[PDB]
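The next PDB entry has forodesine among its components.
Below, chain A is the first sequence line, B the second, and so on; all start at residue 1. Remember, it's 1-based here, ligands and their atoms both numbered in the order they're listed.
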Number of protein chains: 2
Amino acid sequence: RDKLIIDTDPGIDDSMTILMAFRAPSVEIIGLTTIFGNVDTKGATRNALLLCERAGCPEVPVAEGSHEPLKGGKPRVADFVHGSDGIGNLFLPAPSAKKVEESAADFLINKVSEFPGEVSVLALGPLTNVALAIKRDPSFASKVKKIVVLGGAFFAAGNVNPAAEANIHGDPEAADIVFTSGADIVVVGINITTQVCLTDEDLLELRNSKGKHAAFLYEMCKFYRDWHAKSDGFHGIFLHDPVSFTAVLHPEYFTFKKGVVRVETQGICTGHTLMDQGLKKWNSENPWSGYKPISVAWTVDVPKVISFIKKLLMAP
Amino acid sequence: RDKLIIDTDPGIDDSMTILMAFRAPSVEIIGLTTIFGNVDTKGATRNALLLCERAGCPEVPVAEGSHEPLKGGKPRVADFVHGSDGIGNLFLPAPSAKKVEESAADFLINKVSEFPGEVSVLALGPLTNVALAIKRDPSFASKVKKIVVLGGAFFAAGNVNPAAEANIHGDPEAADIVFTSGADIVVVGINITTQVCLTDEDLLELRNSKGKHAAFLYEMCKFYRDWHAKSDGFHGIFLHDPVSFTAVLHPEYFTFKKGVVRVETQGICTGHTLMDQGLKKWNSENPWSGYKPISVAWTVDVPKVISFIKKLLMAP
Ligand SMILES: O=c1[nH]cnc2c([C@@H]3N[C@H](CO)[C@@H](O)[C@H]3O)c[nH]c12
Ligand SMILES: O=c1[nH]cnc2c([C@@H]3N[C@H](CO)[C@@H](O)[C@H]3O)c[nH]c12
Ligand SMILES: [Ca+2]
Ligand SMILES: [Ca+2]
């Protein structure tokens with residue numbers, strides 16, 4: 001079993017991912033670390049604790065992270081995407097399970113130091129906790145096995161505005177710290193995940209399936225689906241976070257390109273992710289020079305990824 | 001005959017374009033306006049005057065433009081792409097023809113005001129003179145028939161650094177003024193022009209042809225081709241400026257997408273061009289909201305464009 005920490009802002013697609021992850025036999029979830037984005041950090045913690053209970057694992061530690069980005073200020077949340085409670089307005093009763101005392105940043109540092117080169121991190125929201133752990137401990141990047149990030153828009157439009165994807169826009173400084181940390185990083189941009197969908201028919205197939213969490217997953221996805229229709233004009237949902245989980249277990253369902261990634265932190269392009277492919281010899285040095293390259297998902301085998309996601313969601 | 005002003009920084013591909021333009025029948029070149037970029041403004045004026053003489057038209061007015069970008073400061077020139085003299089180190093004797101007294105900005109306003117909705121502008125370098133014209137006369141944008149711009153990198157890597165294309169990076173503030181002016185604008189990015197090449201074999205075919213300027217064009221192209229081999233790893237040249245001239249006469253050899261274009265003026269992404277395609281309904285307003293969209297070249301019919309360029313370059 002491969003040790004995994006999920007850094008997340010649940011979140012409708014985050015919740016689908018977490019529930020899938022608990023059903024994956026090759027994976028050992030050693031903890032959930034929470035962040036803002038789809039909902040405030042407190043709302044993310046509440047949902048993560050509820051997901052642990054729903055999965056029959058209330059013993060799995062939940063470590064609350066940062067309430068704001070590194071630059072500060074109360075963050076704007078995607079409630080128009082994920083609902084007021086972050087899970088499509090189900091307004092569920094409060095969990096009995098409680099979060100651990102330590103912060104998400106401290107939990108990440110402790111578990112990575114406890115098991116060097118063994119713990120993988122799946123980043124599903126803004127990268128604040130991951131950046132805090134990199135800054136607080138300089139050996140973190142050498143001790144973490146792999147960091148799989150759902151974030152960015154590589155040579156494609158963003159989803160917050162034309163320039164930026166939501167997770168990166170949520171904390172641009174944190175994303176730039178993570179992408180230049182020298183750790184073994186895999187980034188999956190929305191240029192990849194918007195190709196991997198569940199249509200209205202696929203969602204109905206989920207409702208009618210014998211899946212353990214089928215009824216709950218369908219109720220959540222109703223609000224998520226309606227946003228895609230109003231904004232993207234698509235009758236269904238984009239599987240952003242489940243696709244990044246698929247890259248953890250089955251990287252062979254994708255192709256990757258190596259290259260230095262930088263994040264714009266100011267101006268009209270705040271949150272924009274840009275990769276230097278290294279196929280052109282520049283005349284002079286630039287902000288992409290001297291850093292260690294990372295892996296950027298380039299193509300996706302959509303039927304294989306959809307088959308893997310559907311089998312986990314529809315498992316009894 | 002359609003009236004045309006060429007705003008240019010000659011420049012090797014600029015020189016190919018200017019010489020093609022003088023041979024093109026459905027066009028009347030009413031003037032050349034010069035700018036920095038490939039070489040300093042004074043060097044661009046010298047080359048433009050030499051091109052008018054070589055074409056047998058020393059009477060065609062040459063109006064010298066801005067020596068530095070809108071924000072000020074001595075500009076960095078692409079002498080590693082176009083040579084010390086701006087024309088591949090041919091070190092030709094000085095022209096006998098002299099430039100006009102008025103600035104490029106004043107010439108642009110005067111000729112567009114003289115013939116409202118008749119004069120087209122082909123922009124081959126940084127957009128400083130065009131922006132100065134828009135700022136000095138706020139009706140300029142509405143009076144120019146069309147502005148065809150060679151510039152930007154749309155959902156592709158830049159050629160200065162991963163973020164920016166050279167002409168836009170030369171004056172980001174000027175490009176942003178032009179793209180938001182409300183004028184009838186057609187932008188041709190390097191995402192289009194890098195698909196339209198002359199290989200080493202094609203250049204040899206040009207040398208062996210009966211073309212009026214074949215010998216001169218080939219000598220000048222030697223330094224230009226060499227940069228492509230050292231930097232891009234391509235044995236030949238990218239026809240950037242001749243392709244934008246092809247978009248003036250034959251826009252039917254391309255497909256275009258309508259959308260608001262903004263330019264980043266600060267940070268690591270200074271000079272980055274980004275278009276909002278308008279295919280997604282945004283939840284809130286952004287820097288792309290409220291402006292008039294422009295036409296962005298999306299695809300190119302490479303054989304048709306190559307055929308048109310080759311027939312002009314190889315005409316006796
Ligand atoms: O349209 C959207 N706007 C903002 N955030 C999201 C999300 C969330 N943010 C990430 C994708 O931007 C992903 O992790 C998901 O949990 C999905 N769709 C949208
Ligand atoms: O590789 C390059 N770096 C900088 N400028 C140029 C140019 C010039 N600048 C424009 C394309 O960036 C184009 O108008 C041309 O005259 C060609 N190739 C390069
Ligand atoms: Ca998420
Ligand atoms: Ca030029």
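- Every copy of forodesine considered, the relevant parts of the structure are ligands 1 and 2.
- Against forodesine (ligand 2), the chain with more heavy-atom contacts than any other is given by the PDB entry as Pyrimidine-specific ribonucleoside hydrolase rihA.
- Under a 4.0 Å heavy-atom cut-off, the other chains found next to forodesine (ligand 2) are B.
- Using 4.0 Å as the threshold, B:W227 has a heavy atom nearer than that to some atom of forodesine (ligand 2).
- In this PDB entry, the source organism listed for chain B is Zea mays.
- Other ligands and ions closer than 4.0 Å to forodesine (ligand 2), by number and name, are ligand 4 (calcium ion).
- Looking at atom 7 (C) of forodesine (ligand 2), its nearest protein heavy atom turns out to be B:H82 NE2, 3.4 Å.
- Atom numbering of forodesine (ligand 2) starts at 1 in the shown order; those under 4.0 Å from a heavy atom of B:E165 are 10 (C), 11 (C), 12 (O).
- For forodesine (ligand 2), the atoms sitting less than 4.0 Å from at least one non-hydrogen atom of B:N159 are 2 (C), 11 (C), 12 (O), 19 (C), numbered in the order shown with element in parentheses.
- Under 4.0 angstrom from forodesine (ligand 2), the non-hydrogen atoms of B:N38 all belong to its side chain.
- By chain and number, the binding site of forodesine (ligand 2) (heavy atoms under 4.0 Å) reads B:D13, B:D14, B:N38, B:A78, B:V81, B:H82, B:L124, B:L150, B:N159, B:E165, B:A166, B:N167, B:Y224, B:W227, B:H240, B:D241.
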Could you check forodesine (ligand 2) for N or O atoms lying under 3.5 Å from protein N or O atoms and list the pairs with distances?
residue	atom	partner	partner atom	Å
forodesine (ligand 2)	1 (O)	B:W227	NE1	3.1
forodesine (ligand 2)	12 (O)	B:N159	ND2	2.8
forodesine (ligand 2)	12 (O)	B:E165	OE2	2.7
forodesine (ligand 2)	14 (O)	B:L124	O	3.0
forodesine (ligand 2)	14 (O)	B:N167	ND2	3.4
forodesine (ligand 2)	14 (O)	B:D241	OD1	2.6
forodesine (ligand 2)	14 (O)	B:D241	OD2	3.2
forodesine (ligand 2)	16 (O)	B:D13	OD1	2.7
forodesine (ligand 2)	16 (O)	B:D13	OD2	3.4
forodesine (ligand 2)	16 (O)	B:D14	OD1	3.0
forodesine (ligand 2)	16 (O)	B:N38	ND2	3.0
forodesine (ligand 2)	16 (O)	B:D241	OD2	3.3

